[PDB]
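Accompanying notes for the structure given below.
So you know, we letter chains A, B, ... as the sequences are listed, proteins then strands, and number each from 1. Side-chain atoms are counted along with the backbone in the values below, which use heavy atoms only and exclude waters and symmetry mates. Header lists the method as X-ray crystallography, 2.3 Å.
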Amino acid sequence: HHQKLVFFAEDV
Amino acid sequence: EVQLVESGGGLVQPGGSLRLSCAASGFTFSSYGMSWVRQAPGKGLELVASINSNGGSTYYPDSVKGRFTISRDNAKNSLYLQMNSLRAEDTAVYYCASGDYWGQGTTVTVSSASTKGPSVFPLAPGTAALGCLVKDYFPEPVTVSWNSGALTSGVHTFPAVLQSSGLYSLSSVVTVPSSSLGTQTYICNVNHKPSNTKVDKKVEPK
Amino acid sequence: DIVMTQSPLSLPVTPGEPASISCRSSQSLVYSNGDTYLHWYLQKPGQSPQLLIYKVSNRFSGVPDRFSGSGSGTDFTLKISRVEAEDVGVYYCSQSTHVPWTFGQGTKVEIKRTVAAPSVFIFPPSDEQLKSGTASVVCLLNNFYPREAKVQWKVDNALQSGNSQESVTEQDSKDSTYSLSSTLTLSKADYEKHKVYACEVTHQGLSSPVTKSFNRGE
């Protein structure tokens with residue numbers, strides 16, 4: 001419900 | 001709770017302008033890249049615009065480049081899509097997306113047509129088939145029911161079709177025992193909220 | 001741009017059987033940190049896409065054990081060890097290693113069932129509609145499988161083209177069948193200078209094409 005991923009590689 | 005709520009959709013005249021807003025919450029918005037993605041009915045996912053953390057750098061496919069602008073407000077935590085010189089192919093459901101999350105989408109319809117209520121025509125009938133032709137209304141959507149919500153089994157309401165006139169059309173059919181084509185009434189309840197029209201067309205044989 | 005291509009694009013699955021979907025990228029998706037940003041989405045009917053698997057093999061929140069992912073470099077596979085009714089929808093693979101973010105065509109997973117021939121009905125234009133100056137002729141193809149079907153319109157034995165539109169329902173939840181409508185539209189004048197109106201249907205469940213017709217004024 002609250003998980004946030006660094007999805008786009010551009011965000012290191 | 002990650003959240004992405006879009007707004008600003010609706011009807012736009014050809015060559016007109018529309019501005020999409022996306023309200024983001026539940027995470028540190030300023031740290032992640034964001035994108036607008038659209039989808040035509042029965043089509044695949046099409047990237048419309050991307051923008052990095054600070055934004056910064058943006059990307060647009062040639063499909064919308066020069067007409068569309070994507071921007072970002074890291075105070076409000078909002079994502080924007082400025083749509084200029086809109087054409088017919090811009091018609092789609094637009095999603096605010098973070099890659100790992102998608103909003104519910106907002107619909108954009110590029111058309112110069114005006115609000116119009118449908119004309120309902122009968123589709124006259126060991127099973128029989130009968131229905132209603134809900135023709136020439138604008139815009140989407142339309143609600144169809146049979147016998148005030150009592151007849152549900154065997155009902156097929158087809159997706160709408162955009163005619164050359166710019167007006168939508170659909171049919172709603174239902175198969176019933178042919179032995180009941182005299183001991184049973186069959187009425188389609190049609191509702192078109194935009195024009196506020198309610199039609200109860202009786203479907204008799206002959 | 002990184003091209004993502006999946007196979008198959010249409011996947012009917014018999015309930016209880018597993019499913020596989022291929023996905024290939026035109027270039028390696030291995031980023032400078034050793035991670036591979038290849039993902040999978042599921043878009044259930046009438047809904048937004050939801051992340052199913054991220055970085056090749058990692059299940060996102062809520063995703064059941066039957067879903068698994070694997071692959072490396074440019075080749076990747078999504079497996080469903082046993083397809084349930086809830087798994088119906090379109091699956092997209094996607095890469096986020098390169099800019100722009102790109103998607104595959106999408107593979108629509110449906111419920112596979114025995115071949116069912118369509119029931120065909122033809123409907124003449126109402127006298128109401130004819131009065132207003134327009135004629136619509138509707139042909140209904142009811143409860144068939146698979147979706148593949150051809151409908152041809154014939155006005156006085158002459159093959160029609162360019163003056164009809166089709167519309168298909170999504171796969172029914174109970175009987176797993178589709179239904180289709182073909183609407184032939186003509187001006188009132190054109191409709192009256194002809195007599196025989198026929199709808200011809202070709203389908204895998206039909207040995208030979210079936211034809212439902214009527215004569216104007218009966």
* To do: Give the name, as used in the PDB entry, of the chain with the most heavy-atom contacts to chains B and C.
  => Amyloid beta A4 protein
* Asked: Looking at chains B and C, what drug do we find there?
  -> crenezumab
* Listed by residue number, which residues of chain A lie within 4.5 Å of crenezumab, counting heavy atoms only? -> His1(A), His2(A), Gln3(A), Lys4(A), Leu5(A), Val6(A), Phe7(A), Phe8(A), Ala9(A), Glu10(A), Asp11(A), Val12(A)
* Asked: Which residues of crenezumab are found within 4.5 Å of chain A when hydrogens are ignored and only heavy atoms count?
  -> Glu1(B), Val2(B), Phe27(B), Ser31(B), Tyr32(B), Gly33(B), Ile51(B), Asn52(B), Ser53(B), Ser98(B), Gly99(B), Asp100(B), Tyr101(B), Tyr31(C), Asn33(C), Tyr37(C), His39(C), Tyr41(C), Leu51(C), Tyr54(C), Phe60(C), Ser61(C), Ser96(C), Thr97(C), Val99(C), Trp101(C)
Produce the donor-acceptor pair table for chain A versus chain B (crenezumab), cut-off under 3.5 Å.
residue: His2(A); atom: ND1; partner: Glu1(B); partner atom: N; Å: 3.0
residue: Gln3(A); atom: O; partner: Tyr101(B); partner atom: OH; Å: 2.6
residue: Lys4(A); atom: NZ; partner: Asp100(B); partner atom: OD1; Å: 3.4
residue: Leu5(A); atom: N; partner: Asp100(B); partner atom: OD2; Å: 3.1
residue: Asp11(A); atom: OD1; partner: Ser53(B); partner atom: OG; Å: 3.1
residue: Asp11(A); atom: OD2; partner: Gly33(B); partner atom: N; Å: 3.1

* **chain B: entry name** => Crenezumab Fab heavy chain,Immunoglobulin gamma-1 heavy chain
